[PDB]
**Student:** 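Quick one: the structure is below, and I'll ask about it shortly.
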Amino acid sequence: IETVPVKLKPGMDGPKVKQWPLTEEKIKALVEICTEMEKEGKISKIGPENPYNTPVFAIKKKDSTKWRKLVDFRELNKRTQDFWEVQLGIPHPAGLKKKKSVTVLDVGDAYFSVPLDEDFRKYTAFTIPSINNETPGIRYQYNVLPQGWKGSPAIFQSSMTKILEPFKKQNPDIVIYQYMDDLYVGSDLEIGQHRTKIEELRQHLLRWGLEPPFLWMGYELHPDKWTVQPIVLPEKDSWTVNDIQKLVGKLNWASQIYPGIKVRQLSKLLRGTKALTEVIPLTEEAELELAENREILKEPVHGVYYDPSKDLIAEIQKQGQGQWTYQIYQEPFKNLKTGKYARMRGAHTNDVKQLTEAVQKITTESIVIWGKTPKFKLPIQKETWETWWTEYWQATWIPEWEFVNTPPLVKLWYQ
Amino acid sequence: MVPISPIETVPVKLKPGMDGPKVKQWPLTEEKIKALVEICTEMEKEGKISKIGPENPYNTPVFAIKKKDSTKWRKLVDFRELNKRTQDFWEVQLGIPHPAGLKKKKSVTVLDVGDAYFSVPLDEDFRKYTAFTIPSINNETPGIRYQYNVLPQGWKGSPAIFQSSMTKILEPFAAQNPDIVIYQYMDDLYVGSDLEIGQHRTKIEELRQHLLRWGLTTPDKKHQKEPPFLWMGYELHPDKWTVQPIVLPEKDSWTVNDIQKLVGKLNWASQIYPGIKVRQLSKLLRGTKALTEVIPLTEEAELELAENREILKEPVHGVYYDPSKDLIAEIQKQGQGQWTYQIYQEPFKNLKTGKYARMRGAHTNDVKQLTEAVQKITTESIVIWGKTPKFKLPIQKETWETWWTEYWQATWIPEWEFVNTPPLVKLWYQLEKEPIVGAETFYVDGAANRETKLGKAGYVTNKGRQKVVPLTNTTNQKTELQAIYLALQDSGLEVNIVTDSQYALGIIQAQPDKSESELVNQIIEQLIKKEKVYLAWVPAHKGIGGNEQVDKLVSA
Ligand SMILES: Cc1cc(/C=C/C#N)cc(C)c1Nc1ccnc(Nc2ccc(C#N)cc2)n1
Ligand SMILES: Nc1ccncc1Br
Ligand SMILES: Nc1ccncc1Br
Ligand SMILES: Nc1ccncc1Br
Ligand SMILES: Nc1ccncc1Br
Ligand SMILES: [Mg+2]
C-alpha cells in the first residue's frame with residue numbers, strides 16, 4: 001500500500017533497449033492484454049518525455065488462446081540496485097533438488113497487487129509496435145510491480161511469506177522456493193498426493209486474491225530423475241587403429257580434467273603406419289593403462305566447488321538425431337553438472353526449436369540447484385537464434401547467451 | 001466563444017546536473033533589428049512568445065536570415081546550446097513505413113495542420129530556458145527580452161512533443177473510424193479510405209470538426225497535394241508505388257565521391273528493381289576515405305554498371321499488400337556472395353525486391369549464405385507485414401536435409417519449396433562418418449621454423465607411399481594445410497587422412513566451399529573430385545606412429 005524506495009545503480013541510466021519486430025498475432029495479443037491492464041490500473045500510457053524502453057513479446061500454450069505477456073527486463077535487472085536491506089539474499093534451499101517432485105507455478109500475477117515506487121516507474125517503459133510502423137507505437141509504463149523484474153519478488157517477499165503461513169507449519173517437509181515469477185514446490189509425496197497439495201497451495205493464493213490467468217498451471221519436475229554424464233571408455237574385443245586413435249584423443253582431453261590419466265602405453269600402439277581399419281591387438285602394458293584409466297574416471301573431479309560470486313556457464317553440443325549434450329561450470333574443466341537430452345518433443349525437423357527447449361530445461365535445472373541462471377554458449381549463428389527463439393519460448397525468465405562460431409572438437413568426447 | 005479543450009503540456013527537463021544556456025547575443029545590423037522587432041511583435045500578438053524582464057539569466061542567440069529573392073526578413077533562433085542540455089525524448093519517427101506494407105486505397109486526401117504546431121504549448125517551467133534578446137539600436141537601451149510559450153522551431157523537443165500531441169488528438173478519431181487510415185507528416189495529415197466518394201468526404205469533414213474541438217483550424221481551400229505523392233524518396237500512387245527517378249550519370253572518370261553516390265542510388269533502387277548488384281562498385285571503396293581521389297573502374301565494375309543500366313532502363317512499380325493472401329519470397333544466387341530476392345503474393349507483380357551481401361569472412365559456403373539471406377528477409381518481412389513469407393529457394397529438399405542434419409550448428413529455415421532455377425545451391429563435398437575399408441591411409445604433418453619461416457609438409461601411408469616437400473616463407477598453420485593438400489593430390493578416389501592439426505580440422509569441419517586462403521581453396525578443389533574422404537584427428541606429439549614418423553620427417 002506504501003511504496004518501497006528503489007533506485008538504479010550509481011552512474012547507471014535507465015534502459016534504452018530497442019523493441020524487436022513482432023508478428024501480427026503477438027501485436028494483437030499485446031494490444032488486448034495492455035488495454036485490460038490499463039483498465040485495471042496496472043499500467044499507464046506515457047509521454048515522449050520518457051526516453052526509456054524495454055522490449056516486450058508474448059508466449060502462449062498451443063491449446064490456450066490465452067497469451068502471457070513477457071517483458072524482457074534483462075537490461076533493467078542489470079541496472080537495478082541489489083537489495084540487501086532486509087536480507088543479504090535467499091539462502092538457496094539445497095534440499096529442493098532432492099525432492100521426488102517439484103511443481104513450478106507462475107505466481108507473478110500476485111505481484112500486481114503492490115504499487116511501484118513513483119520515481120522508478122519510468123524505467124519500466126515499453127512499446128507495443130504497429131505492423132510496418134504505420135501508427136505510432138503505444139507507450140506504457142508500470143504502476144505496480146511488473147512480472148519479470150528482479151525487484152518484484154524482493155519487494156513482495158514480505159507479503160509472500162505471510163501468505164504461505166498456513167501452508168508453513170501444516171506441511172513442514174515441503175520446501176518452497178521463489179525465483180522471479182516462479183514458485184517451486186518440492187515434496188516426496190505420491191504424485192496424486194503431491195498434486196492435491198499443489199492445489200492446496202493455489203487456494204491460499206486465490207484466497208489472498210480476494211483473477212490470476214495462469215496460476216492453475218503446473219509444470220512438474222522430478223529432480224530425482226535428473227541424470228549425469230561420467231566419462232566412459234568403450235569396452236571392445238578388437239580395436240582398430242581408428243578406435244585406438246579416438247580412445248587416445250578422448251583420454252588426452254580427459255587428462256585435462258583428471259590428473260592421473262596416462263596414454264603412453266596406448267600411444268605406443270599407434271607406432272606404425274597401418275591402415276585405419278586394421279585391428280591391432282592390445283599389449284598388456286596398454287591393457288593395464290586402459291584399466292587404470294577406467295578406474296580414474298570412476299571418481300569425482302578433484303577440487304570442484306560452487307562459488308556463488310561467479311557466473312555459471314552452460315555449453316551445449318548438437319549430437320544429432322535429436323540428442324543434445326551440455327555442461328555447466330564456472331571454471332574450465334571443473335564441471336558442476338553434465339547431462340544429455342533426447343526427448344525434444346514436437347521438433348524432429350527443427351534444430352532451433354530443440355535447442356530452445358534445451359536452453360529452457362538447463363536453465364530450470366540451474367535455478368533448482370543453485371538458484372540462478374547460467375550464461376549460455378550456443379552452437380548457432382546469432383541471426384538464426386535471434387530470429388526464432390521467441391517462437392518456442394515457454395518460460396517467464398530469460399537467461400543470457402553468447403554464440404559459438406567455431407566447431408568444438410570436444411563434441412566428439414561427449415558423444 | 002466556443003470552449004476548446006487545452007492541449008496538455010509535456011513536462012520537460014534539462015539533463016542531470018546541467019543548467020540552461022547563457023550564450024552571447026552577437027550585435028546585429030540596424031537593418032536586422034527593426035525586422036526582428038516587427039517579426040516578434042506579430043508572434044507576440046499571436047501568443048507564440050512573451051516579453052520577459054531582466055531577472056531571467058538565460059540566453060540563446062537570435063539571427064536574421066532572409067529568403068533569397070524577397071525583402072521580408074525571417075528570424076532564426078539558434079538553439080544548439082539549449083539542445084545540448086535538453087533531456088532525451090522518445091523518438092517515434094525512427095521507423096518509417098515501407099510502401100510495400102501499405103494497403104491500396106481508393107482515395108487519399110491531405111489536410112493542412114500548420115495551425116497546430118504553434119498552438120502546442122511549451123511546459124511552463126521550461127520556458128525560461130528559451131530566452132532570447134533582440135539587440136537594441138546602437139546598444140543604447142536594454143535589448144528586448146522574450147521567451148517562448150510554444151514549441152520553438154529548431155528546439156530538440158519540438159518534433160517528439162508535437163507528434164505525441166497530434167497522436168493524442170487523432171487517436172480517438174481513428175479508433176472510432178476504423179474504415180480510414182491516418183498518417184501525419186510535419187504539417188500535413190493524410191487520410192486514406194476505400195469508401196465511396198460519399199462517406200469519404202464526410203469522414204474528412206468529421207475530422208475537421210474533431211480538430212476544431214482543440215481550436216485547430218484547417219484551410220477550406222482544399223490541398224495542393226493529390227496522388228501521386230513524393231515522400232521519403234518514393235512515389236506513392238493509389239494502387240502502386242515506386243522509388244523516385246533513379247538516373248545513373250554518364251561520366252568518363254569516377255571520383256571517390258561520385259562512386260559513393262552511384263552505390264547509394266543503386267541501393268535505393270534495389271528495393272523495387274530486381275537484380276541490382278553493387279559488390280564490384282562498392283569494393284572500389286575499400287579502406288580509402290580520400291573524398292575526391294579518382295579511381296579507375298575495373299573491368300568488373302564496368303560490367304556491373306552496364307548490368308545495372310539495363311535494369312534501370314524502364315520504370316518498375318510495386319503493388320501494395322493484400323492481407324488476405326500469403327506472401328512469397330524468392331531468392332537467387334548472383335555470385336561473389338551476392339543474393340537477390342523478390343517478395344510477391346500474385347505472379348509477376350512484386351511488392352518489393354532486395355539484395356543480401358555475404359559478410360566479411362575467412363571461409364564460407366553457399367548454404368550458410370542462403371540461410372542468412374533467409375533470416376534477413378524473414379526479419380524484414382516481420383517488420384513490414386507482421387508475418388513470415390513462404391520461401392522459394394534454389395536448393396533441393398535433399399540437399400537441405402543432408403546439410404542441416406549433419407551440420408555441427410543448430411540451423412533452421414521456415415516453410416519453403418524448391419524452385420528449379422539455376423544456379424542451384426548444392427553440397428560440393430561431404431566427409432565420411434567412418435573410416436574407409438580398402439582406402440589408403442595418409443598420415444600427414446607439417447611444421448615450420450618460427451624464426452626462419454622455413455618448413456616442411458608431407459605424408460606417409462600404409463602402402464609405404466611417402467612425400468616431404470620443403471617450403472619457404474610459411475608457418476605451422478600453412479604447413480599443416482599443405483600436408484593435407486599433398487595427401488589429397490596424391491591419393492586415389494577414396495582416402496583416409498590422419499592429421500594432428502586442430503586448426504585444419506576447425507576449418508574443414510566448417511564445411512567451406514570458398515575461402516580467402518588460396519590453400520584452403522586448393523584443398524576444396526581436391527575434395528570435390530574425390531568419391532570418399534575420411535578425415536581423422538589425433539593429438540600431436542603423443543607417440544602416434546605414422547604421425548610421429550612424418551612429424552620426425554617434416555620437423556627436421
Ligand atoms: C504511411 C502513409 C503515408 C501517406 C502519404 C505520405 C506522403 N506524402 C499516406 C498514408 C495514408 C499513409 N498511411 C497508410 C496506411 C496504410 N495504408 C496506406 N496506403 C496508401 C497510402 C498512399 C497512397 C497514395 N497515393 C495509397 C495507399 N497508407
Ligand atoms: N510459462 C507460461 C507459458 C505459456 N503460457 C503461460 C505461461 Br505462465
Ligand atoms: N506452463 C508453464 C510452463 C513452464 N514453466 C512453468 C509453467 Br506454469
Ligand atoms: N494515434 C493514431 C492512432 C491510429 N491511427 C493513427 C494515429 Br496518428
Ligand atoms: N571472403 C572472401 C573474399 C573473396 N573471395 C572469397 C571469400 Br570466402
Ligand atoms: Mg605437428
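Numbered from 1 within each chain, the chains take letters A, B, ... in sequence-line order. As the structure lists them, so they are numbered: ligands from 1, and atoms in each ligand from 1. All heavy atoms count here, side chains included; hydrogens, waters and symmetry mates do not.
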**Student:** At the binding site of ligand 1, which chain contributes the most contacts (name from the PDB entry)?
**Tutor:**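 The largest contact partner is Reverse transcriptase/ribonuclease H.
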**Student:** Trying to figure out the drug at ligand 1 - which of ajmalicine, licofelone, rafoxanide, rilpivirine, rebamipide would it be?
**Tutor:**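 Of ajmalicine, licofelone, rafoxanide, rilpivirine, rebamipide, it's rilpivirine.
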**Student:** Can you tell me which other chains reach within 4.0 Å of rilpivirine (ligand 1)? Heavy atoms only, strictly under.
**Tutor:**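 Those with a heavy atom under 4.0 Å: A, B.
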**Student:** Within 4.0 Å of rilpivirine (ligand 1), heavy atoms only, which residues of other chains turn up?
**Tutor:**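 Within 4.0 Å (heavy atoms), the residues are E134(A), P97(B), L102(B), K103(B), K105(B), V108(B), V181(B), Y183(B), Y190(B), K225(B), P227(B), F229(B), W231(B), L236(B), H237(B), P238(B), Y320(B).
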**Student:** Can you tell me the protein heavy atom closest to atom 17 (N) of rilpivirine (ligand 1) and the distance?
**Tutor:**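 The answer is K103(B) N, 3.2 Å.
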**Student:** Please write down residue, atom name and distance for the protein heavy atom closest to atom 11 (C) of rilpivirine (ligand 1).
**Tutor:**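 For atom 11 (C) of rilpivirine (ligand 1), the nearest protein heavy atom comes out as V181(B) CG2, 3.7 Å.
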**Student:** What protein heavy atom sits nearest atom 23 (C) of rilpivirine (ligand 1), and how far away is it?
**Tutor:**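 Protein heavy atom with the smallest distance to atom 23 (C) of rilpivirine (ligand 1): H237(B) O, 3.5 Å.
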**Student:** Enumerate the atoms of rilpivirine (ligand 1) whose separation from the nearest heavy atom of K225(B) is less than 4.0 angstrom.
**Tutor:**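 Listed by number with element, the hits are 8 (N).
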**Student:** Considering distance alone, does some N or O of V191(B) sit under 3.5 Å from an N or O of rilpivirine (ligand 1)?
**Tutor:**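 It does not: no N or O of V191(B) is found under 3.5 Å from an N or O of rilpivirine (ligand 1).
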**Student:** Just jot down the rilpivirine (ligand 1) atoms closer than 4.0 angstrom to any heavy atom of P227(B), in number order.
**Tutor:**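 Near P227(B), the atoms of rilpivirine (ligand 1) are 25 (N).
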**Student:** Mind checking which residue and atom the model joins rilpivirine (ligand 1) to with a covalent bond? None is a fine answer too.
**Tutor:**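 The answer: no covalent bond.
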**Student:** Can you list the rilpivirine (ligand 1) atoms lying under 4.0 Å from a non-hydrogen atom of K105(B)?
**Tutor:**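 Within the 4.0 Å cut-off of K105(B), rilpivirine (ligand 1) contributes 17 (N), 19 (N), 20 (C), 27 (C).
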**Student:** Specify the protein heavy atom at minimum distance from atom 21 (C) of rilpivirine (ligand 1): its residue, its atom name, and the distance to 0.1 Å.
**Tutor:**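 Minimum-distance protein heavy atom for atom 21 (C) of rilpivirine (ligand 1) reads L102(B) CD1, 4.0 Å.
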**Student:** May I ask you to identify the nearest protein heavy atom to atom 16 (C) of rilpivirine (ligand 1), giving residue, atom name and distance to one decimal place in Å?
**Tutor:**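 Residue, atom and distance for the closest contact: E134(A) OE1, 3.5 Å.
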**Student:** Among all protein heavy atoms, pick out the one at the shortest distance from atom 4 (C) of rilpivirine (ligand 1); state its residue, atom name and that distance to 0.1 Å.
**Tutor:**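 Here the closest protein heavy atom is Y183(B) CD2, 3.8 Å.
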**Student:** Name chain A exactly as the entry does.
**Tutor:**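 The deposit names it p51 RT.
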**Student:** Decide whether an N or O pair under 3.5 Å exists between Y190(B) and rilpivirine (ligand 1).
**Tutor:**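 The answer is yes, given that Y190(B) and rilpivirine (ligand 1) share an N or O pair closer than 3.5 Å.
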